[PDB]
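Model: Chaperone DnaK / ligand piclidenoson.
We're numbering straight along the sequence, starting at 1. Determined by X-ray crystallography, 2.0 Å, according to the entry header. Only this structure's heavy atoms are used, side chains among them; waters, hydrogens and symmetry mates stay out. Remember, it's 1-based here, ligands and their atoms both numbered in the order they're listed.
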Amino acid sequence: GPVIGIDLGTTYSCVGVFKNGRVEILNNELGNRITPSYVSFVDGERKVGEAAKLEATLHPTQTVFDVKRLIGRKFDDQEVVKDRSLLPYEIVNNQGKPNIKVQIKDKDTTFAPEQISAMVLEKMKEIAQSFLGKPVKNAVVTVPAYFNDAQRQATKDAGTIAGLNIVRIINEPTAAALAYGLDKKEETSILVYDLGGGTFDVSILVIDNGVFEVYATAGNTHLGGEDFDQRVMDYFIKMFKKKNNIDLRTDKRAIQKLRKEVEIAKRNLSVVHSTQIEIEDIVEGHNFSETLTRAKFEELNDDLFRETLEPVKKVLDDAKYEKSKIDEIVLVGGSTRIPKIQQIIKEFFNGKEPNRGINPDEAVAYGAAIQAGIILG
Ligand SMILES: CNC(=O)[C@H]1O[C@@H](n2cnc3c(NCc4cccc(I)c4)ncnc32)[C@H](O)[C@@H]1O
């Protein structure tokens, strides 16, 4: 049978196959290589991916996401207490563990995190099956290096529910190191800087004669590209109020349309210096039309960008490493395409350039597919 590779991310998943000596990262049915890790339970229908994420605006309590934050944890863990206060869907205490409670045709229905992760895995499986034109029973799935045995087992149990035998769990730093094809000979120390949509992770990964070991991990569980978008949102909501006497927060639809254009403007500003954010009738009879510059984008987010260095100092300290001891810096996550992020890391490493890919959102799934290939020989 085939073995596919799946990056089960906090905010998104990504699936790759190894076939005819190449890794193919697969498109979902909307033509995207990244699928939002969302599941909606509205109006007697269950949706997974972007179609579910679009329900979050009008049905926030029925639109489940960020389940990776809960999986294999305890209801009373300090992190889960925080996540319950942030997440808009109901989380209940089932015998010491967080479960998700929603309604299906008005009936209360409770799910383990691994039942919701299983639905994401099922969708990635179906993309692979369609593409390979055969059934898929086996996968390599990625986890964060800091995941404990209960978090790993809960991820494997998600696979079993989705009809996937997870033949190997590999950590996200190792997957990145496989994708970038880092030389496995001799000893090299690698700083893997992973800045995603919602989470920041940094790891020191040591490769020694083909053996991969994560010597230290740190991060910020509530720092990612979505926060940079929110800083921009906050700025233009204040401006629109000043100019128009309209508080766009009073209209949830207006906020949804703004967040979509702000996320595009942010991407543009990784390449250009100035971009237009435009929504016709953001509310009836009022257009939104603004310019954002890279300089203002950076100014709005500079403290968040610099916060990413605090986990870098922590892993260098935990590992008793000098900065010079790092041989190579590898960037993962779309947010590492931000020029200021790259500059800040370079300058922290007293001038050393970070290695980055071209598709840093897909590098982990790519490495998971390589690992699948490695396992089949
Ligand atoms: C969607 N998944 C994520 O991990 C996050 O990654 C962000 N994300 C993707 N892509 C980005 C970008 N792209 C410009 C670009 C394009 C090509 C080359 C170069 I240099 C630069 N800029 C800034 N954040 C970017 C998203 O906005 C989420 O928050």
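- Binding site of piclidenoson (ligand 1) at 4.0 Å (heavy atoms): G196, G197, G225, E226, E263, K266, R267, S270, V271, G334, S335, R337, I338, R356, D361.
- Every atom of piclidenoson (ligand 1) with a heavy atom of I338 under 4.0 Å away is listed here by number and element: 23 (C).
- Those atoms of piclidenoson (ligand 1) with a heavy atom of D361 less than 4.0 angstrom away are 1 (C), 2 (N), 3 (C), 4 (O), 6 (O), 9 (C).
- Annotation: atom 14 (C) of piclidenoson (ligand 1) to nearest protein heavy atom, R267 O, 3.1 Å.
- Closest protein heavy atom to atom 15 (C) of piclidenoson (ligand 1): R337 CD, 3.7 Å.
- When hydrogens are left out, the protein atom nearest atom 25 (C) of piclidenoson (ligand 1) is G334 O, 3.4 Å; that is the closest non-hydrogen contact.
- Taking every heavy atom of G196 and a limit of under 4.0 angstrom, the matching atoms of piclidenoson (ligand 1) come to 4 (O).
- Close N/O approach between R356 and piclidenoson (ligand 1) is not found [any backbone or side-chain N/O within under 3.5 Å].
- Of the protein's non-hydrogen atoms, the one nearest atom 22 (N) of piclidenoson (ligand 1) is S270 OG, 2.7 Å.
- In terms of protein heavy-atom proximity, atom 26 (C) of piclidenoson (ligand 1) is nearest to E263 OE2, 3.3 Å.
- Given atom 28 (C) of piclidenoson (ligand 1), the protein heavy atom at minimum distance is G197 CA, 4.0 Å.
- Short contacts between piclidenoson (ligand 1) and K266, defined as distances under 4.0 Å to a heavy atom of the residue, involve ligand atoms 24 (N), 26 (C), 27 (O), 29 (O).
- With respect to atom 5 (C) of piclidenoson (ligand 1), the closest heavy atom belonging to the protein is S335 OG, 3.6 Å.
- Source organism (PDB) for chain A: Plasmodium falciparum.
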Pairs under 3.5 Å, nitrogen or oxygen of piclidenoson (ligand 1) with protein nitrogen or oxygen:
residue	atom	partner	partner atom	Å
piclidenoson (ligand 1)	2 (N)	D361	OD2	3.2
piclidenoson (ligand 1)	4 (O)	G197	N	3.3
piclidenoson (ligand 1)	4 (O)	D361	OD1	2.9
piclidenoson (ligand 1)	6 (O)	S335	N	3.3
piclidenoson (ligand 1)	10 (N)	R267	NH1	3.1
piclidenoson (ligand 1)	10 (N)	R337	NH1	3.0
piclidenoson (ligand 1)	22 (N)	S270	OG	2.7
piclidenoson (ligand 1)	27 (O)	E263	OE2	2.5
piclidenoson (ligand 1)	27 (O)	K266	NZ	2.8
piclidenoson (ligand 1)	29 (O)	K266	NZ	3.4

